[PDB]
Amino acid sequence: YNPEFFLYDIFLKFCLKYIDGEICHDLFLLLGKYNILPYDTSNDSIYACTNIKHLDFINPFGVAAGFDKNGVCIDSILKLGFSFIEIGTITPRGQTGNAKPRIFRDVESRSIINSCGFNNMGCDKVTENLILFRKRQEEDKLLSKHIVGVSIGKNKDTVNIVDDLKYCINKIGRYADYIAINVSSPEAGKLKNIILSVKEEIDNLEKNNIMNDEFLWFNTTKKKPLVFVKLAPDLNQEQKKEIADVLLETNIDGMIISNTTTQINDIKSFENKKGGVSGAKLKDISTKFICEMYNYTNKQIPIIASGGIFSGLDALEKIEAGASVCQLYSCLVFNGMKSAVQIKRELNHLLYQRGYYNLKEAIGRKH
Ligand SMILES: Cc1cc2nc3c(=O)[nH]c(=O)nc-3n(C[C@H](O)[C@H](O)[C@H](O)COP(=O)(O)O)c2cc1C
Ligand SMILES: Cc1cc(Nc2ccc(S(F)(F)(F)(F)F)cc2)n2nc(C(C)(F)F)nc2n1
Ligand SMILES: O=C(O)c1cc(=O)[nH]c(=O)[nH]1
């Protein structure tokens, strides 16, 4: 609640009004890189703890993929009050992505559309960035117990998809607390192949190193990274159940629901635009998708929420629907740096008013 946050949020609101989106994004990533952004040093409520398997989160809010694609601003973003961040999506080789401008935002609807095109510095350089962070994390009190996942994907013109992801794992898998596979860009038999192949590569990292785990997994968990998969919402009920089966057969560690959507036409400033939409308008679509997969998987696979989360209320819908954890993106654009502090406040208070003992008790409370 400091003036630090408050003053910065004025600057951001101003930037939001006048300056191009991707230009704004990079500007504040830069400010974070030089560590002049504010901190949230509050103790988080132990009643809003959560986990995905043996992967524990000190609080249920993190940042989604695509926000810090190259892992350049990991400390500063985590210290805003987030329990974790998902970097990437990265590819084995650097990409430029599509032509600019490629990101636009509608303020009134609190929505965004993008056709970035998986721009990133490539797996090699980003791994060097994550390593440097991991080294800083050993020295910084505030980064303890904070989780860093890595989103991985295939190059535009890939020879083979699996091989792209395989390279990324070999390079960066040691520094990741979990690995996110996203097949959501704006047959199931080919998916199962991918998922398995990823678990095997991770399992191979363990086998082919002589070191014990403490000195092998240079991450937070000190164990091999979990395997999540991120799904787009533009599928039919048949696709979803077909996939739902796969995730069970592979015994995947969690699923990130969801990515952006192409099926929104009622945003006026966006009618000229191609890409995937995110923000408020994605909220209701996203939540429904969680109920479905939660049902289709019969509640065996943990879920990670993404799509139009702005408030402690929005967060609770995802949780009761079946999510264990939430990711923010659009909220930070429209609500600023206070988003983590603010949303954690709002959620803690609601859990009380809704008579919940803790957050885990509320997970999947939509029958
Ligand atoms: C500019 C931009 C870039 C994104 N890049 C990625 C990405 O690289 N990988 C990914 O899985 N999701 C990416 N996303 C999607 C977000 O991770 C998130 O799923 C989506 O924005 C919905 O969250 P929200 O409604 O809170 O904004 C991107 C979104 C935006 C707006
Ligand atoms: C004012 C503004 C800010 C912003 N992103 C953003 C906002 C805040 C921060 S941060 F991380 F201030 F501490 F929270 F630096 C980092 C990135 N974006 N991102 C975009 C976009 C949609 F182009 F990606 N437009 C923006 N406009
Ligand atoms: O980089 C992108 O263009 C992108 C990737 C993704 O997974 N989702 C999205 O909305 N954009």
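Heads up, chain A uses the PDB entry numbers, so what you see runs 161-346, 356-383, 414-566. Each ligand, and each atom within it, is numbered from 1 in the order the structure gives.
The chain in largest contact with ligand 2 bears the name, in UniProt, of Dihydroorotate dehydrogenase (quinone), mitochondrial. At ligand 2 one finds the drug DSM265.
For DSM265, the residues with any heavy atom closer than 4.0 Å are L172, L176, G181, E182, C184, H185, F188, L197, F227, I237, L240, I263, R265, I272, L531, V532, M536. Counting protein heavy atoms only, atom 19 (N) of DSM265 is closest to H185 ND1, 3.4 Å.
Nearest protein heavy-atom contact of atom 15 (F) of DSM265 is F188 CB, 3.2 Å. Heavy-atom contacts of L531 reach the following atoms of DSM265: 7 (C), 8 (C) (cutoff under 4.0 Å). Close contacts of DSM265 with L197, meaning ligand atoms under 4.0 Å from a residue heavy atom, involve 13 (F), 15 (F). Here is the list of DSM265 atoms found below 4.0 Å of a heavy atom in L172: 1 (C), 7 (C), 8 (C), 12 (F).
Between DSM265 and the UniProt FMN-binding residues of chain A, heavy-atom distances under 4.0 Å are seen for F227. Atoms of DSM265 found under 4.0 Å from any heavy atom of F227, numbered from 1 in the order shown, are 6 (C), 9 (C), 11 (F), 16 (C), 17 (C).
The protein heavy-atom contact nearest to atom 20 (C) of DSM265 is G181 O, 3.5 Å. The shortest N or O to N or O distance between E182 and DSM265 is not under 3.5 Å. Checking only distances, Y528 never comes within under 3.5 Å of DSM265, N or O to N or O.
Annotation: atom 27 (N) of DSM265 to nearest protein heavy atom, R265 NH1, 2.9 Å.
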